[PDB]
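In this PDB entry you will find irinotecan.
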There are 2 protein chains.
Amino acid sequence: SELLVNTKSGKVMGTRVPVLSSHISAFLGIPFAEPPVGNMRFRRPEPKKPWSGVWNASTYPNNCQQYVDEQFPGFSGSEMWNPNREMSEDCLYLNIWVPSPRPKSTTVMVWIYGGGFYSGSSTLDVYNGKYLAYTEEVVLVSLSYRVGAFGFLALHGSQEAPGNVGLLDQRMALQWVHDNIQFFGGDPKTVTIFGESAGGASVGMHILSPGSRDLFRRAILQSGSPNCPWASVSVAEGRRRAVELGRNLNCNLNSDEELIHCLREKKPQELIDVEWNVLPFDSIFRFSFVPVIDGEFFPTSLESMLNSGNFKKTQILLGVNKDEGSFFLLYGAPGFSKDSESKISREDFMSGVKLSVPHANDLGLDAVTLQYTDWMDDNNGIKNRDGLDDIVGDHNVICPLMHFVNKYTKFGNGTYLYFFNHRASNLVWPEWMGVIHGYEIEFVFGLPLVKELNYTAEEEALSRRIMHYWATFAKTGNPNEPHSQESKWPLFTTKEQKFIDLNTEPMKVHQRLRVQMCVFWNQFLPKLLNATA
Amino acid sequence: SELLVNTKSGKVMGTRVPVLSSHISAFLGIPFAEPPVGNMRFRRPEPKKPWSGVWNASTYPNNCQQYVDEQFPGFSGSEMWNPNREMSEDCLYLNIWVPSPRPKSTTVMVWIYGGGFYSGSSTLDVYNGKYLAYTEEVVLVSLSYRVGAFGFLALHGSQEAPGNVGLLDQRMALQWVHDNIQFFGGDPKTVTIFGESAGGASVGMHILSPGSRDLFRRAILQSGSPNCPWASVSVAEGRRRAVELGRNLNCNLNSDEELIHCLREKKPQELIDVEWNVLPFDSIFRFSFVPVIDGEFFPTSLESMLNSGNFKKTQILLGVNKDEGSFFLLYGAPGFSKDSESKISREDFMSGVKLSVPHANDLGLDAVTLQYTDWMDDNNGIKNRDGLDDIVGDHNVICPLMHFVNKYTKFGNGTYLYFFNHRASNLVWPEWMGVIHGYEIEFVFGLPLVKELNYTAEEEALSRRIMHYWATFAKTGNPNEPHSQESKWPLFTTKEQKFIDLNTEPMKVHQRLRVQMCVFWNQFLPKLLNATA
Ligand SMILES: CCc1c2c(nc3ccc(OC(=O)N4CCC(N5CCCCC5)CC4)cc13)-c1cc3c(c(=O)n1C2)COC(=O)[C@]3(O)CC
Ligand SMILES: CCc1c2c(nc3ccc(OC(=O)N4CCC(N5CCCCC5)CC4)cc13)-c1cc3c(c(=O)n1C2)COC(=O)[C@]3(O)CC
Ligand SMILES: *[C@@H]1O[C@H](CO)[C@@H](O)[C@H](O[C@H]2O[C@@H](C)[C@@H](O)[C@@H](O)[C@@H]2O)[C@H]1NC(C)=O
Ligand SMILES: *[C@@H]1O[C@H](CO)[C@@H](O)[C@H](O[C@H]2O[C@@H](C)[C@@H](O)[C@@H](O)[C@@H]2O)[C@H]1NC(C)=O
Ligand SMILES: *[C@H]1O[C@H](CO)[C@@H](O)[C@H](O[C@H]2O[C@@H](C)[C@@H](O)[C@@H](O)[C@@H]2O)[C@H]1NC(C)=O
Ligand SMILES: *[C@H]1O[C@H](CO)[C@@H](O)[C@H](O[C@H]2O[C@@H](C)[C@@H](O)[C@@H](O)[C@@H]2O)[C@H]1NC(C)=O
Ligand SMILES: *[C@@H]1O[C@H](CO)[C@@H](O)[C@H](O)[C@H]1NC(C)=O
Ligand SMILES: *[C@@H]1O[C@H](CO)[C@@H](O)[C@H](O)[C@H]1NC(C)=O
């Protein structure tokens, strides 16, 4: 009964599931913490009290309370990210995918979903771990964590709403995986945590946080970095938004205790409905309740931690996608559409620049504009559009990640940089959107392997290659074949700063990813805004 | 006796001179002002007292007291700009070149030599007007004006050293040409003033100055603009330098009167020897004593005058050369040589950036650096060198001229923009220096016509074309042939902003000359320096 597993918390009943004309085990819904309900809302997670009998882990668990995207109802493109289960605070569970026969001490891979820290679900179709676990014979785990106010409300000082609880949720799952994954054939001394966007930033935060370092071996970061403009706030801003939320809900503000009590009575949807109202600016790619630089989970400022090398030192595989910004412009910028090539005008361009760099003063905006405007042809609808895409991309994902890369590689043990630039043949979004943020995931989890998903043959190869790189890396700390003859994915070094692209064509090696624009975002603009303010 | 001319100041005896196996008249040394000597030093020029008898104008006059370049002794490249006559304060004379037979009421062209306002001579070989006057049958005139302290010392308030006297010198020559050029077959109602570098800036200043507008019809500007960073200073800076000069010469400073008396006793070389010591910065392309925004010669600030359209409205022909900055880097930047391809290092590059933009604060310097550095290959010796060339070029000549162009064309009557990018076949300077500042002059005056100067056949064509454009323009206000079939030199308009290049190849039309870099120099950087200071 490989489906009947006994863990240090209780027994769990699995379920056999088909995968590419075969089967593997699957334990969905394993609880790793007491339900963050009632007075637990906002508090740090508490480990799951051991249970009696057999816990049925055959179906997927609930999804955490979140904002649901309904801008394009009845459109797979955006609906594929929405909660596909019943939302509920009681949502701290994790899913495992064990190969069959159940191996022992095999590479473990824990996935942490993205979603800007305000949304996400471990139960999406696109995150079905059966293919990867099957094809690469690994123990694929998918955790979950609180999001929105629920997971990141921060009244620094209080013990009721300390902030970063959502990250602590991830830590406790990693801890569980630590103590129980061996009972599933997993090797706790060989765990790779990986995630995309907010999930990626999460991985990076676990690398930095002293209280998480010992819970994993190596890590992967997809289109996300711990130092991203949107991935965290100061204790002060965190407290400002928390109060604002309260004001937004007619609450006693006089003290933390009174405010916590008020927010703890409100139904989940009440909080969610006014969640966006706390942001300081009109903007895109900015999220209300995110990790807060607390001095605890994060010893000191992120930048200082990176300089001093105060962070876990291991191997990391990370990269980005060609058009990271397109997805956000569609949702927030003026002029963008899903039903047209969205040629942007000069006036809308100026508008998008503001929404994209909300914290910028007027001179800053000029800087950004000058940097991304071709004055030899500035009324070119196409150009302006691609210009915004790059701005949103470079500022929020690519350059922040590159800064992280360079900074990490000085103390790291092995850095692998990729540039995903393949436009899926069956993508439901229009063409101007290019290689959209988050669309490398379907290849990482190997959906191009499902013949019914009408992908191309060449795309099945890519997905198999990508999973192999991801699997091999988590297993060895290197994605390259021990000694194949296939082109090697070079090691990113401080001097050569090499990286490769990921697509159907033959591998190619490049250097200094968007180095020019990144000098602008990482060195210059920060200085300009500091001096002129 | 076409050589014997009677003017409203006295008679003058000319001299016949050979030109391309033929002859024309030439009156060298016509005095148009009382010698600015003794107590006249620094004062506004006074018209030349009518003389008795026949003034012999067969030889060239003296050159004004100036700093002599002796960085490359015995090298035609730099020596061709040095005074080729005996320097002396008594230097206010002008030269005329009248075709033979002496025509009547023909197009007149007055040349104003450049030299950063600290040097220059109307008697250089490269400025011999016999070819142009001969080939294009025009009355070519070459004036002179005081330079250095002598021509621009400015103690605003005083009447002894009011500043801008040097420009007034040019005005009085233009006035003379006005009242006497008809006696030489010239048409005072058809005078075109043209000059290069400081001379060009001069032309532009005459266009702006209310007291000069009526002295000419149309104008030409070569690699020089009235609004250039180096072409003028505020009344305050003007007074600061004047004092500094005095301090530099152990003078009573207590009052203008005492300081003027002191500077009026010192021999010309004394002043000249400490002339560079007054600049506020360590730098290249910056000159000690230049035009001062006085509220008189210049009603108000240059920028305001250009916005309000407060300036002479006529036709103008102007342009620049491909490598304006090279000449100055050779003389002031670290790393540059005449005996090598001057591949510049990253450290010397940073140094040159400072010398090139002396008025910039640290953030400004960063801006400039980021704008001209290719971070995909920043140790490329070549690139850095060309980068400096462009910086020095764009900041000091090209973008300032472009700003002038755009601003003028809103009220102008006809604007023609050229981009001289032909590298003379016999240039004595090394190749890296490209198309050096001031080397379009030899073609304007048509030296490629002299077979003994070993130019190419193709270069004789260019020189003849160029002179024709220059001549035809001064004659009609349009350089194009009334109705030839040759490619037309389009009119620069605010919308299309067209211009053409000048070289041996077939004409080509372009648009928005260095528009990208100019947005940086004309809009952004000025704003950045304003905000952050
Ligand atoms: C309509 C909901 C919605 C609102 C706001 N911002 C959004 C940003 C992004 C998305 O969608 C994605 O990001 N995407 C959805 C998520 C998707 N992921 C999914 C998982 C993997 C990566 C891709 C990418 C596209 C939806 C948003 C917002 C902002 C503000 C409001 C306000 O009422 N709203 C409502 C009031 O006042 C303010 O001052 C202001 O802060 C600023 C003006
Ligand atoms: C050696 C003389 C010389 C000096 C300085 N600057 C020069 C600039 C340019 C040339 O030559 C050309 O421009 N060129 C010569 C002129 C030529 N024209 C000719 C006509 C048509 C255009 C081309 C172009 C090349 C010669 C220079 C200078 C500067 C300063 C001194 C100081 O002692 N000097 C001496 C002290 O203290 C300061 O703080 C400082 O201001 C800044 C550090
Ligand atoms: C748990 O295992 C059960 C077999 O012992 C299986 O029948 C359950 O499937 C579904 O049953 C229905 C009645 C409902 O309870 C639904 O939630 C279950 O998914 C399976 N699921 C449970 C109850 O956890
Ligand atoms: C003025 O015309 C003279 C003929 O009447 C001619 O001889 C002069 O030539 C040069 O003569 C010598 C002696 C010397 O004065 C020199 O300066 C003259 O150039 C000519 N030049 C003058 C005197 O102005
Ligand atoms: C390839 O699989 C697709 C899965 O999304 C499917 O939509 C395509 O359509 C066909 O299969 C099902 C889903 C149904 O729509 C049927 O009517 C279609 O034949 C499928 N490609 C095709 C056209 O065969
Ligand atoms: C073409 O004219 C040049 C003018 O500068 C000259 O230097 C070249 O040299 C010859 O003429 C004179 C000047 C002298 O140097 C003589 O020895 C040379 O033959 C001249 N080109 C040549 C080489 O004929
Ligand atoms: C990682 O560490 C091992 C041994 O500690 C060392 O041999 C290796 O060079 C390191 N990896 C890199 C390339 O940083
Ligand atoms: C110059 O003025 C004339 C008449 O005043 C006018 O016809 C012409 O269009 C003007 N030139 C331009 C193109 O500005």
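Chain identifiers are assigned alphabetically (A, B, ...) following the order of the sequence lines, protein sequences preceding nucleic acid strands; residue numbering begins at 1 within each chain. One-based numbering, in listed order, for ligands and for the atoms of each. Values below: every heavy atom of this structure, side chains too, minus hydrogens, waters and symmetry copies.
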So, irinotecan - where exactly in the structure, counting duplicates? ligands 1 and 2
Count heavy-atom pairs within 4.5 Å of irinotecan (ligand 2) for each chain, then name the one with the most as UniProt does. Acetylcholinesterase
Okay, with a cut-off of 4.0 Å on heavy atoms, which other chains neighbour irinotecan (ligand 2)? B
Help me out: which organism is listed for chain B in the entry? Torpedo californica
Mind telling me the UniProt active-site residue of chain B nearest irinotecan (ligand 2), with the non-hydrogen distance to 1 Å? B:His437, 4 Å
Heavy-atom shell of 4.0 Å around irinotecan (ligand 2): B:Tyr67, B:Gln71, B:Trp81, B:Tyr118, B:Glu196, B:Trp276, B:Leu279, B:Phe281, B:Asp282, B:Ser283, B:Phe327, B:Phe328, B:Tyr331, B:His437
